[PDB]
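The model below depicts inosine-5'-monophosphate dehydrogenase holding mycophenolic acid.
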There are 4 protein chains.
Amino acid sequence: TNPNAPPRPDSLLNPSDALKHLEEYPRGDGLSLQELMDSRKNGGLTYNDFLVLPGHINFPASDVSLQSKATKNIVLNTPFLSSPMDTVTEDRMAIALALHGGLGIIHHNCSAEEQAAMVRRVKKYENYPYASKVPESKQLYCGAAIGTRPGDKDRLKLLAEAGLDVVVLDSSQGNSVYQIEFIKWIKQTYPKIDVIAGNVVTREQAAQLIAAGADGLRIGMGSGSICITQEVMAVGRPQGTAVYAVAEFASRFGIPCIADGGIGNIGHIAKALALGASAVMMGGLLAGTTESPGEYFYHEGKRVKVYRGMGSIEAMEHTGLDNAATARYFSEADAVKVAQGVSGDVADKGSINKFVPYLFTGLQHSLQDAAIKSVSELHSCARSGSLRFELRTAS
Amino acid sequence: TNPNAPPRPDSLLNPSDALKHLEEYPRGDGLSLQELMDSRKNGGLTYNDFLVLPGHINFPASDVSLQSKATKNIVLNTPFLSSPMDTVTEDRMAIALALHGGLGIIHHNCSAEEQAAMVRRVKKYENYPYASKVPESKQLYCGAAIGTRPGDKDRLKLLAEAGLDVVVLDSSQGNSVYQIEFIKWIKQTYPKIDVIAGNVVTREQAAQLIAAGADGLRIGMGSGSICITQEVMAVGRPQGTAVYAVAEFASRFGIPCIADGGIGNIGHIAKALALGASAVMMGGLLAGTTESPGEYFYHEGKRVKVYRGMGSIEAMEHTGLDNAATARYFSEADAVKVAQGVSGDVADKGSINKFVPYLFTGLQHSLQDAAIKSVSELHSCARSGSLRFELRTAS
Amino acid sequence: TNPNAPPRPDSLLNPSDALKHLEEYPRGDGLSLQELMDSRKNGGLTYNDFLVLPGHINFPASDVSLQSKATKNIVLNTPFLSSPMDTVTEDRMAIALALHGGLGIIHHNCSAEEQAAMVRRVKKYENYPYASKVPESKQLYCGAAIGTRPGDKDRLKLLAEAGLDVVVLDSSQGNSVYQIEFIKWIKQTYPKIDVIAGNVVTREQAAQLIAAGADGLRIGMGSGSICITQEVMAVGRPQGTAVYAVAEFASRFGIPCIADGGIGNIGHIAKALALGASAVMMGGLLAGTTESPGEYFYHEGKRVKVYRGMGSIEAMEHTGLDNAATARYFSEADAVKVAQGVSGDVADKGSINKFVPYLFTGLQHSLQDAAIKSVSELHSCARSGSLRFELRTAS
Amino acid sequence: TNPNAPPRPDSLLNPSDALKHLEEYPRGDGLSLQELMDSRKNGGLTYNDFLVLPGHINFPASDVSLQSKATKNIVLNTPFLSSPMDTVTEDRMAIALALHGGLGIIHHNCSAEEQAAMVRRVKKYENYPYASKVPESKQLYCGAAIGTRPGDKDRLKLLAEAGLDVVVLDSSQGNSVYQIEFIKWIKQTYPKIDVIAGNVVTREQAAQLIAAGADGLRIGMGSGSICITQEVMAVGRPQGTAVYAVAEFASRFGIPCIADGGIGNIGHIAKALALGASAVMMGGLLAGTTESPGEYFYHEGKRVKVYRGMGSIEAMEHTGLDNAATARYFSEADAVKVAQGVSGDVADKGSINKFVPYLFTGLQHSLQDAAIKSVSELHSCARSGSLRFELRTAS
Ligand SMILES: COc1c(C)c2c(c(O)c1C/C=C(\C)CCC(=O)O)C(=O)OC2
Ligand SMILES: COc1c(C)c2c(c(O)c1C/C=C(\C)CCC(=O)O)C(=O)OC2
Ligand SMILES: COc1c(C)c2c(c(O)c1C/C=C(\C)CCC(=O)O)C(=O)OC2
Ligand SMILES: COc1c(C)c2c(c(O)c1C/C=C(\C)CCC(=O)O)C(=O)OC2
Ligand SMILES: O=c1[nH]cnc2c1ncn2[C@@H]1O[C@H](COP(=O)(O)O)[C@@H](O)[C@H]1O
Ligand SMILES: O=c1[nH]cnc2c1ncn2[C@@H]1O[C@H](COP(=O)(O)O)[C@@H](O)[C@H]1O
Ligand SMILES: O=c1[nH]cnc2c1ncn2[C@@H]1O[C@H](COP(=O)(O)O)[C@@H](O)[C@H]1O
Ligand SMILES: O=c1[nH]cnc2c1ncn2[C@@H]1O[C@H](COP(=O)(O)O)[C@@H](O)[C@H]1O
């Protein structure tokens, strides 16, 4: 028998009974999210490996809510976080993105004093109705990243003093005793500063950080545009499967998940959210913008900015597959210093003032096509099997 | 045991018993259409992902009937519809294609008056024995596209007055309350003008439009040659699976299906029909022809015409993967204006007078190779499992 | 439980018991031929899609017999047939290949008189111990191709008179009433001239031609190096699956199978034979050689010969993916004339006197690596599951 | 029901119970090694086809032991063996690699006297705490390769006299009666010189060599960077599946396995070991280094060294896919001489003194990410299912 359709009728059916006959089918058209994200059946999937199937439209795209949670206590009007990278997020980006309803995560490749001064400028900043404002203060929300070394405790204290709302524990692999203990330390020292723990790609890693007290999870290992060629990497996970697996588990505890790495367009954003992510983090997509740090320069007629991985030799010196313009494939500088990312340049993207509304509109249109009015409904329909998917072959 | 063959004989079998032994096999060679088009087993398929297996020939290719239904009331001698695009279909293309036994769908990127004047020229037009003539009038058949906004009701009235036979409701996603209500409006206002509803890629979407009163379904979402790179798209479906899934359902109600987008050669046409489509719609294949609108121009020694998506910035301004000659990858012009297609150019293809007979002959030869004499038999054999298929890997 | 291995031992096993423990495994390492060639499990496979796993060597490569049957009555020392193509086989190639133990199939893109004169030169021809000699006459074996039109009956009579040993019924799809009736005609007129029928890619097609009285089967549809891009083709089959499926059935009746098309190297030959083919047919591999017809010419410093498909506009005028040097992508010349292949050029390959011994030696070495001493043993081990295979992914 | 997750809870779960809920899951996230390396389910896999999933970190990377066994009696601090190739290993490389904790295998493309003189220089050689020293002598360990022809018996005697610790039986296919008998000959003549037998890619081949008395297995057939394009090869196996299949069996007898061929970066090393290999062999990665044999020369501005396969026409004359700088695709020189590899050049890599510590550090970091402290634990976790994997699609 046909497992995808009921037996064919003997004679033509009445078109007015089409909706009744649709209910006789053994399963929905395409795949459920649970069927798509099966490691044994389909392997590890990236965003480009599948599509979301269209649903029913009964609302304009302007009615779509993109409201989501970055952490268990932080609600954002736009599910966009800028990456804590020295060529992506400083105070200018953190302010601009917050004004558009997103959230900036200021990098830590500077002294704790310089970082605290950047956090302070975001918090003190004074047309933008979607603005990410802290409810009782009306100040813009501010995030920042730190490592999990003993000296990071003192760094966080200066950041807390500067008015920090949320902290990102910056790591290629957050499932360590060092990060687990550091989370517990923040939960006891600063209970009001939300903790985004990671990076994680497995359910087992997520469970450790959820139990430690993480308020949000940063998902991704090897997915970044400036990440060393994956043919050179041994440990990681394809981003789609990573986003699904972690959020499938984390959502049971109400812990929002941030899809970090490999977001190159609106489609990637829609797909990451459709997989269970509550928000996305962008490095590459926000690099080369006016609000990003670093100077513009010309490279063979093109106006560019440097965009680099934080594990690149250049970023580590205290001063790679999918990528825009150019890049250099470095591997080592010191035998002890193993490069984990690349340094290159990205073309001028203009201001985020024009770019972020484009991403916002495009995402409302994508959710409308899927028949979805909110991120909450997107997730609910993904878990129920109402929201359908289809794998795409090479061609 | 071997599920594909019976046990091997102890000694050689007699070649005169080959046909008797063939009936001992547990299944036919290759795959049935139902086995090929399994989302869980094979993922989403495009035309290039499979082949049709050859059958038995007992007729010349000239005996193959390519007669099919564009809608439940319109019978065409050639299953070819030209796309409603400003660089594909105006009156010249609608007349020429109709004379060859096909059907032209005039675009709506003009005033309702200009569009009605184009429809009128097709209807008034007065060597071509395959000609798509309306039975009781002997005039050439004419199709036209419209949107589903309130002002489109008035547009259709001017088109109806001009002698319009069939209307295409022009949309990237036709499963909306706006289109469903617009179909019901046409069925009550103009019961004699056939409605082609869409675009649709799922069985669930098809059911809504069939129940509303659609006379034909336009299938495709993201398959078009001028469609924005699918790595940028979030919602859609691979064309083969879309064509199969929709026609598997629609054929139960006698609603013909039009395979729209990604037809680049005869093989694509044969495969779309073999999947269950009653006809194909061509944009790219018919662009650059003498009968298509727009002027010829030279681009670095090559005689070309512009070919563009209707969702391109250039088409929207009221004046991308698989593609001929050149293209530009636009994404936005206005933050509110999100590009859904690209504008490029296509090489001179000559007249359709030489081109359409080539497509017709080639398609008769393809059906002959499969052992098929008509579109009706092609479908019957596809559903029975007599017509076989084979998936093709990357190599 | 693990379906590929028995439970792991509690403590280390004795290395002297390795052969005893090997027999405790639930299945052989890798895949059986029946497991590899499963359409539902693996799709349609080409030669590049898999490898043959190595076996046990207990003989030198020089002990490998490459003796096989081209037809049920013709035994060849070398399983190589040259293709009946106007740029591959005339009398010079037919003589040279026969002297090396193979078999030439003279083309029919000439008058029946010219073709009969070429057959006669092979038969009259008078260092080469592997020579394909007819047993009771000591003359070189000669093959020739014909179509299945009424005028081909008279062509075959002139060829029979010239001393023809074997006839190839030349067709892109041999499963027709025209070929079936033509086979019966030859079996009754010339019972002593072996018939190679085809081309075929399915078990169902093979059964028809076996029942008609074919002495050998020519396998391939769309596999040829000069064959129109498969993205343009609708009907055919990946060569590996075609070779397997047809020979799995044909071998039950003792009908040898010729793997025709897509042989570009020794590995392809070994794989075609390992799949069940009794011999291979080469067009591309034998084009550009001294013995092939047509003049050498220079093309931008390179010494070349034309190599073209018999369905190309140039071959049809009575005078495309995998290919050497250059090619032109023609599609039509006359609306009635649909191109089925391409015309291009191939680099000078030298004489077959140096080339054929290279292919012979290489093939002995391949069979030795698989632990196989003869074509008969290769087939026996392929059917028993002793000969193992492995699918290869893209990387 | 969902086979990958338990039913979803009715209301939110407590994050402090995350570790308890994790134990309710029907299976671990991702795949077990046994699930990944299933030929019927996933086909033949190379290193690039999968990733290792991250585990739990509770130690610094500097605490990772890379100590492993090259043979049943030889313990190495670094699991690196240099390939016995005339452009990779002579005395300089054997000494340098041994000093870094690895093991050099001196080539045999020289007289037995010259080879014995190279072995002697390694053994007589007199800052390096990881040094591969023979326990009772304090001399550096030395390996060497030989063939299995009668004259190789006399070659080994001169090598034994020179102080040889381990012998590699050099072959593209070691499962022969010639190698099996040669192993037994060494076991009886020189019981104290460890035998590395191969090359092997199947469990059936491994069983023969284990039963003969091999102390280690050299795994690989067609995986080498200088190996003739695999589209030309008929017999072999994808490296990942080869490494897994052989080590799954060999580990039951305590016979270490050497992953030989296709190691181009640290990730490949980590993956080969994670699959069950006890060590890796490098040709390409160690060619172009100061310690490798052959002179540096300039090729269009680049400082290079020749790197060639031992089956290349140039290496055989007693004087190809994945590859650095350049290469030539030779196939034959003499009709009897069939090329099995290519000759090309590789860019200057500098000294191994800087390169080997880079590889060592990188590998400690990879094992740390997987939550693994030693090679022994890596294997134990791979067999238990604690160490997880994920397949990677093309994108
Ligand atoms: C910390 O920044 C990252 C992140 C977030 C990720 C990756 C990565 O390589 C680096 C650079 C790694 C550096 C700076 C070394 C320190 C470390 O390893 O923590 C990645 O692979 O997944 C996510
Ligand atoms: C309407 O024209 C199409 C069609 C038929 C399709 C697609 C598409 O993008 C456009 C352009 C979209 C435009 C003009 C915006 C309006 C809208 O969205 O209806 C496609 O993806 O599937 C089919
Ligand atoms: C006859 O020569 C071939 C053969 C053997 C094959 C193919 C093919 O296209 C042609 C050219 C087709 C021509 C000359 C037209 C006549 C016909 O169709 O018989 C192929 O696809 O599979 C095998
Ligand atoms: C012996 O060196 C190798 C090895 C180790 C391998 C291959 C190979 O081709 C050669 C060259 C083959 C030559 C010198 C001919 C002799 C022979 O065949 O033994 C390979 O494919 O897997 C591993
Ligand atoms: O050097 C690096 N190597 C690997 N990943 C990095 C590195 N630097 C930053 N990342 C990660 O990649 C992300 C950015 O990815 P992108 O948006 O694809 O450009 C960051 O948020 C980090 O998770
Ligand atoms: O701008 C666009 N974006 C995506 N699809 C479009 C656009 N314009 C037209 N289409 C669709 O693509 C089809 C043409 O596809 P083509 O024959 O592959 O060139 C049309 O019939 C429409 O369905
Ligand atoms: O024009 C053509 N189109 C498709 N196949 C052809 C044509 N001409 C010859 N062939 C076939 O392809 C074979 C040669 O393939 P080759 O060895 O790959 O070059 C012939 O033996 C025929 O089966
Ligand atoms: O000529 C050859 N053909 C195929 N493989 C070879 C040849 N020469 C050496 N090899 C093998 O390939 C290995 C080197 O692989 P590499 O590290 O990928 O460059 C050697 O250790 C051998 O197993």
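Chain letters: A, B, ..., in sequence-line order. The residue numbers of chain A are those assigned by the PDB entry, with the residues present covering 4-129, 245-437, 450-525 sequentially. Residue numbering for chain B follows the PDB entry, covering 4-129, 245-437, 450-525 in order. Residue numbering for chain C follows the PDB entry, covering 4-129, 245-437, 450-525 in order. All residue numbers given for chain D refer to the PDB entry; the residues shown span 4-129, 245-437, 450-525 in order. Structure method, as recorded: X-ray crystallography, 2.2 Å. We use all heavy atoms of the structure for the numbers below, so side chains are in, but hydrogens, waters and symmetry mates are not. Just follow the structure's listing: the first ligand is 1, and inside any ligand the first atom is 1.
The full list of places where mycophenolic acid can be found here is ligands 1, 2, 3 and 4. Other chains within heavy-atom reach of mycophenolic acid (ligand 1), distance under 4.0 Å: A. The contact residues of mycophenolic acid (ligand 1), taking heavy atoms under 4.0 Å, are given as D288(A), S289(A), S290(A), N317(A), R336(A), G338(A), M339(A), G340(A), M428(A), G429(A), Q470(A).
Every atom of mycophenolic acid (ligand 1) is numbered from 1 in the order shown, and the set under 4.0 Å from a heavy atom of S289(A) is 1 (C), 4 (C), 5 (C), 19 (O). Of all protein heavy atoms, the one lying nearest to atom 7 (C) of mycophenolic acid (ligand 1) is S290(A) CB, 3.5 Å.
For mycophenolic acid (ligand 1), the atoms closer than 4.0 angstrom to any heavy atom of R336(A) are 5 (C). Within 4.0 Å of atom 16 (C) of mycophenolic acid (ligand 1), not a single protein heavy atom is present. For atom 2 (O) of mycophenolic acid (ligand 1), the closest non-hydrogen atom on the protein side is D288(A) OD1, 3.9 Å.
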